[PDB]
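So, a structure with (S)-carazolol in it.
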Amino acid sequence: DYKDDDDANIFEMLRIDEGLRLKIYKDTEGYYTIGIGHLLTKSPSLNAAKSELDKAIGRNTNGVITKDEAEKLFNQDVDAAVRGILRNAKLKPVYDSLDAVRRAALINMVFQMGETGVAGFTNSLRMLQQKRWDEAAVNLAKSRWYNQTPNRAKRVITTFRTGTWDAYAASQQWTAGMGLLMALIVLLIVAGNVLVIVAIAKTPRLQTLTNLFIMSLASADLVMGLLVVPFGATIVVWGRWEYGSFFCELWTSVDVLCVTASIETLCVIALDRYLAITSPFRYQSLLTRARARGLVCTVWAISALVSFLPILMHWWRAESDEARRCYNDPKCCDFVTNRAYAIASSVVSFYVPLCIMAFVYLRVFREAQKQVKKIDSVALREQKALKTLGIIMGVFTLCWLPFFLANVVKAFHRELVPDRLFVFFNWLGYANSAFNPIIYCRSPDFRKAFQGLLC
Ligand SMILES: CC(C)CCC[C@@H](C)[C@H]1CC[C@H]2[C@@H]3CC=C4C[C@@H](O)CC[C@]4(C)[C@H]3CC[C@]12C
Ligand SMILES: CC(C)NC[C@H](O)COc1cccc2[nH]c3ccccc3c12
Ligand code: NA
């Protein structure tokens, strides 16, 4: 029938906003429920609920149904909302003035708040019936509704404002696009870094002292691909933190830990190659294989101290409205910090290692020119291995310097960094966990090592 597609459209709107379940389940109050919030019965008996389902559906479902049958239930719930809207003196005149798309927005609010809940938006309702859409969208956003479910509320409010479905089309392709891209990013990180660890760990040719440090660097990248990036992607895709306040702080701590360990490992590398080329005899006299393992544990030990300790102590916390409402919402895991912590933490964990790692390695890179004023083909074999260390140090500074310059600009004046931009700089740094294994293939020894392990 020519009216069928409007029922499918509003069904898909709420499918995105409330979700869909095709098997009977208990709602938070414990009543048997299926579909998009269709409450089957308040009776405790499960068979009474399947009985009510089989009546509405016209077959013996055994408590399982198809998408199309879930839409059949939902059309009945939509009729009940319309009846309630039509009997509410504040909502009926607005509903009568709206087209199908804006009626779907209003019906969607009714599913979330109820008629009385929507009826309390007395000024926004006046602006809708007055077709002052942009002003209705502003007043609607000034609400606890908007603050508690901003993703759904932005979509509904955009729908009242434009009169289109574009916010729901934009969402559904965002979940598919970014859901896929994030999946590939987690695999490219876990794949490239798991290979680098096993290659150095079981290739005798690769068991270089510098490769002992690179295994620390790849070990940081692998925790990123296992315990950090996968969970930060759910925020980028789902629009909220699903794992509670406790795992929010732990995730944040491991995230700060791995980044702090990486720049410190790059700094220890630059200090290793500087001692190696300025004082070779002290290098042989000082660095045993076991002491090199001690530097790694000391780096992670300093990193966990400078990462876990401030975070578990809540030294980072701020008093702003943005900060307190996130701290009191488990669904929010934004890392809102006080201006003091934003500086001291990023300086101790990053700028200081970045300057030493950048200052020392340049004096390393110039002394090699000071000792090789010649043309040579075998020199290319050693300029290449030195260049690889300067690429990894460079790609790290590129992937993460913007995130930390914005972090200090954000501290003095939040005006300048959009949250959209700051999140993008943070994912430029997450991408570094992918690049390193690719850069490790620049050297011939890793190259034949990767090629043998894959067959
Ligand atoms: C995700 C968090 C909570 C766990 C942290 C993992 C810790 C234990 C990791 C980080 C880097 C790892 C070190 C890096 C590589 C080496 C060199 C290897 O030849 C011996 C072990 C040693 C020294 C690792 C010990 C374990 C280690 C310190
Ligand atoms: C989603 C958020 C939690 N991700 C954090 C960054 O990946 C890494 O952030 C840091 C690493 C090391 C030191 C740091 N000091 C900071 C101050 C503010 C924000 C991040 C950091 C930070
Ligand atoms: Na929170």
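We number chain A the way the PDB entry does; in order, the residues shown are 884-1260, 1315-1392. We use all heavy atoms of the structure for the numbers below, so side chains are in, but hydrogens, waters and symmetry mates are not. Atoms within a ligand are numbered from 1 in the order they appear, just like the ligands themselves.
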Which ligands or chains belong to (S)-carazolol? ligand 2
Main binding partner of (S)-carazolol (name per the PDB entry)
Endolysin,Beta-1 adrenergic receptor chimera
Item to check | Site of (S)-carazolol: non-hydrogen cut-off 4.0 Å | outcome: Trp1134, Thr1135, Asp1138, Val1139, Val1142, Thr1143, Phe1218, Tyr1224, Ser1228, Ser1229, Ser1232, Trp1337, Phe1340, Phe1341, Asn1344, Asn1363, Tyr1367
Inset, instruction - Output yes when the distance from some N or O of (S)-carazolol to some N or O of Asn1363 is under 3.5 Å, and no in every other case. - result: yes
Q | Taking atom 20 (C) of (S)-carazolol as the reference point, the nearest protein heavy atom with its distance | A | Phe1218 CE2, 3.6 Å
_Which of the (S)-carazolol atoms, numbered from 1, are nearer than 4.0 Å to a heavy atom of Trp1134_ = 1 (C)
>> Show me which atoms of (S)-carazolol lie under 4.0 Å from any heavy atom of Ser1232.
In response: 12 (C), 13 (C)
| request: Find all atoms of (S)-carazolol within a distance of less than 4.0 Å from any non-hydrogen atom belonging to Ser1229, and give their numbers and elements. | output: 15 (N)
For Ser1228, is at least one N or O under 3.5 Å away from an N or O on (S)-carazolol? yes
_Which of the numbered atoms in (S)-carazolol are under 4.0 angstrom from any heavy atom belonging to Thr1143?_
12 (C)
Note to self: Counting non-hydrogen protein atoms only, what is the nearest one to atom 10 (C) of (S)-carazolol? Give residue, atom name and distance.
What the structure shows: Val1139 CG2, 3.7 Å
*Covalent attachment point, (S)-carazolol*: none
Relative to the heavy atoms of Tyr1367, which atoms of (S)-carazolol are at a distance of less than 4.0 Å?
1 (C), 4 (N), 7 (O)
Query raised in the report: What are the atoms of (S)-carazolol, with element, lying closer than 4.0 Å to any heavy atom of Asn1344?
Result: 16 (C), 17 (C), 18 (C), 19 (C)
How close does the nearest protein non-hydrogen atom get to atom 7 (O) of (S)-carazolol, and which residue and atom is it? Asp1138 OD1, 2.5 Å
Between (S)-carazolol and the protein, tabulate every N or O atom pair separated by less than 3.5 Å, reporting distance only.
unit_1        : atom_1 : unit_2  : atom_2 : d
(S)-carazolol : 4 (N)  : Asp1138 : OD2    : 2.5
(S)-carazolol : 4 (N)  : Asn1363 : OD1    : 3.3
(S)-carazolol : 7 (O)  : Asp1138 : OD1    : 2.5
(S)-carazolol : 7 (O)  : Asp1138 : OD2    : 2.8
(S)-carazolol : 15 (N) : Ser1228 : OG     : 2.8

